[PDB]
Colleague: 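Here we have a deposited structure with compactin present.
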Amino acid sequence: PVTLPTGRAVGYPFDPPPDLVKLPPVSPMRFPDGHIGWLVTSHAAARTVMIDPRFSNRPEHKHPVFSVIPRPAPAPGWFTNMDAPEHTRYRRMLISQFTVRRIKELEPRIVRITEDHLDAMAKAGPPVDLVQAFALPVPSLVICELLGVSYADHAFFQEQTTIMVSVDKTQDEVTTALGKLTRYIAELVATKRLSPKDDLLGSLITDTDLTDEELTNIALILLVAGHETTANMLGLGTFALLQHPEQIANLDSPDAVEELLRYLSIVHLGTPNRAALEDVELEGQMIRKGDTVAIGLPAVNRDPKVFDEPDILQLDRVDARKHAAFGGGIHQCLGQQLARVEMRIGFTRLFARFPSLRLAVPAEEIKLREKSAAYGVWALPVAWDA
Ligand code: HEM
Ligand SMILES: CC[C@H](C)C(=O)O[C@H]1CCC=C2C=C[C@H](C)[C@H](CC[C@@H]3C[C@@H](O)CC(=O)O3)[C@H]21
C-alpha cells in the first residue's frame, strides 16, 4: 500500500508527482487512520468512481484522505458530502440559480472587474505580484457580487477560505475558520431575509423554502469554492503560459481554457474520493464494500489512453474536453460555467494588455501550494515593458 503521493519534481511545477504517475491504474493506498483502500490514476477507472451509484460521498462511509475535516451526518445544506436523494434537493435548487441568464448577465461585470485590475497594474507599474494584483481579487470580487456578500470584508474571507482548503492545518484551526465564516454569513442571511435582492443568495431566499441554516451552509460552500479555484487557475495558468510562450498565440482557441484545466489539474490530492457501498471491480482489482477509493486527477488528466501527447500543454489540441478537472457525476463542479467565463476573460485580457509579461524572478523561485487541496502559486512576481 502506498501513501498518497505528494512531491512535485523541482523544475516540473505543472506535472504530477512522479510517485503518482508511476503507479498502476488502481493501487492499494494507506489512509492516515490505517484504512487500506485505493488510489486510482486511470481515466476510465476515475470515471466509474465518479459516476457509478455504488459509490458514496458520505463521511459516515469514508475514511478521510486527510485527517482534518472542514465541516460543521452532514448538516442541512452541507450538500457536498451528501448522496442522492438528499444531495439532489440542494443540487437542483443551485442549478436553477447557476442559469444561462445569470452567467450571461454577469459577464460584463467580470469584464469590467478584470479590466479595472489591469488598469491598477498599469498604474503601479512593474513588477507586481500577480497573485495579489489580479489572480486573487478578480474572482474574489466576482463571487462576492454573485452571492451579495460585501467585498469590503475580502481580506477576512480570503484568510478563512485558505484555511478551509488547506491540508496543512489542525482540526482546531479549521473549526475556527469555519466558525468565523458561519457566524459572518448567518448574519448576512438574516439581513437579506429583510431586503430582497436578485443575487444568487437573495434568489435562493425568494424562490425556495431553504432554512437560514441551509442558506448559511450553501453560501459558505460557494464562498470557499469561489475564492480557492479560479484564483489558483489564473496564477498557475499564467505561470504555465509564461513557461510555454509559444502557446500564448493559441489562447483564442475554443478549448484553450479546457486545456489549461486538464494540464494543471489544481484539485490535485486524492479528490474526488468515494466509499464503495458494494464490491466493485475496477481495472485489475476488486474494490470491497467499505473501501475508500481516492482519485489522482493530475494523473487521470495525463492518461495516454485518452490524450495525444498528454504531457504537452497544447491549447489547440482536439481532445481537451475529455479532461476530468471538474470531477464527474452528480457532484461534478457546480461553478464550471462561471469559472470558465472568468478564466477566458482573465487570461485573454491579461495577455492582451501586457503582451510582454514575464516572470520577474527565476522560475525556480516560484513557491507552490503543495500543502493546499487546491494547487497553485503562493506568489508570482511579474514584469513587462512599461
Ligand atoms: C476554477 C476552477 C474550478 C475547478 C478546477 C473546480 C473543481 C471542482 C471539482 C473537481 C469538484 C468535484 C469534487 C468532488 O466530486 O469531490 C467540484 C465541485 C464543486 N465546485 Fe468546482 N471547481 C472550480 C470552480 C468552482 C467555482 C468558481 C465554484 C463557485 C461556487 C465552484 C463550486 C463547486 C461546488 C459548489 C462543488 C460541489 C458540487 C456538489 O457536490 O454537488 N467550483 N469543483
Ligand atoms: C470544505 C471546503 C468546501 C466547502 C469544499 O468542500 O470544497 C470542495 C468542493 C468545492 C471546491 C473545492 C476546491 C478545492 C478543494 C479540493 C475543496 C475541498 C478541500 C478539502 C480541504 C480539506 O478538508 C482536505 C480535503 O482534501 O479537501 C473543494
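In this chain, numbering begins with 1 at the start of the sequence shown. In listed order, ligands and their atoms are each counted from 1. Quick note: numbers below take in every heavy atom, side chains included, and nothing from hydrogens, waters or symmetry partners.
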Colleague: Please list the parts of the model that make up compactin.
Modeller: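 Every copy of it sits at ligand 2.
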Colleague: With a 4.0 Å cut-off on heavy atoms, is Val68 in contact with compactin?
Modeller: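 Per 4.0 Å heavy-atom rule, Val68 contacts compactin.
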Colleague: Show the atoms of compactin that are less than 4.0 angstrom away from any heavy atom in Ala373.
Modeller: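 That gives atoms 15 (C), 16 (C), 19 (C), 27 (O) of compactin.
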Colleague: Is it true that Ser372 lies under 4.0 Å from compactin, counting heavy atoms only?
Modeller: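 So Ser372 does not count as touching compactin.
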Colleague: So for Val165, does at least one of its heavy atoms come nearer than 4.0 angstrom to any atom of compactin?
Modeller: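 A heavy atom of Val165 does come that close to compactin.
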Colleague: Check for me whether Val167 has a heavy atom closer than 4.0 Å to any atom of compactin.
Modeller: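 Yes.
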Colleague: Is the closest heavy atom of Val65 to compactin under 4.0 Å?
Modeller: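 Under 4.0 Å: no for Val65.
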Colleague: Mind checking whether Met164 has a heavy atom under 4.0 Å from compactin?
Modeller: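 Under 4.0 Å: yes for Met164.
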Colleague: Could you check whether atom 4 (C) of compactin has a protein contact, counting only heavy atoms that fall below 4.0 angstrom?
Modeller: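 Within 4.0 Å of atom 4 (C) of compactin, protein heavy atoms are found.
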Colleague: What makes up the binding site of compactin if contacts are defined by heavy atoms under 4.0 Å?
Modeller: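 With non-hydrogen atoms counted, the site is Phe66, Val68, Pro70, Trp78, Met164, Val165, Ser166, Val167, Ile221, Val224, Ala225, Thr229, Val267, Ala373.
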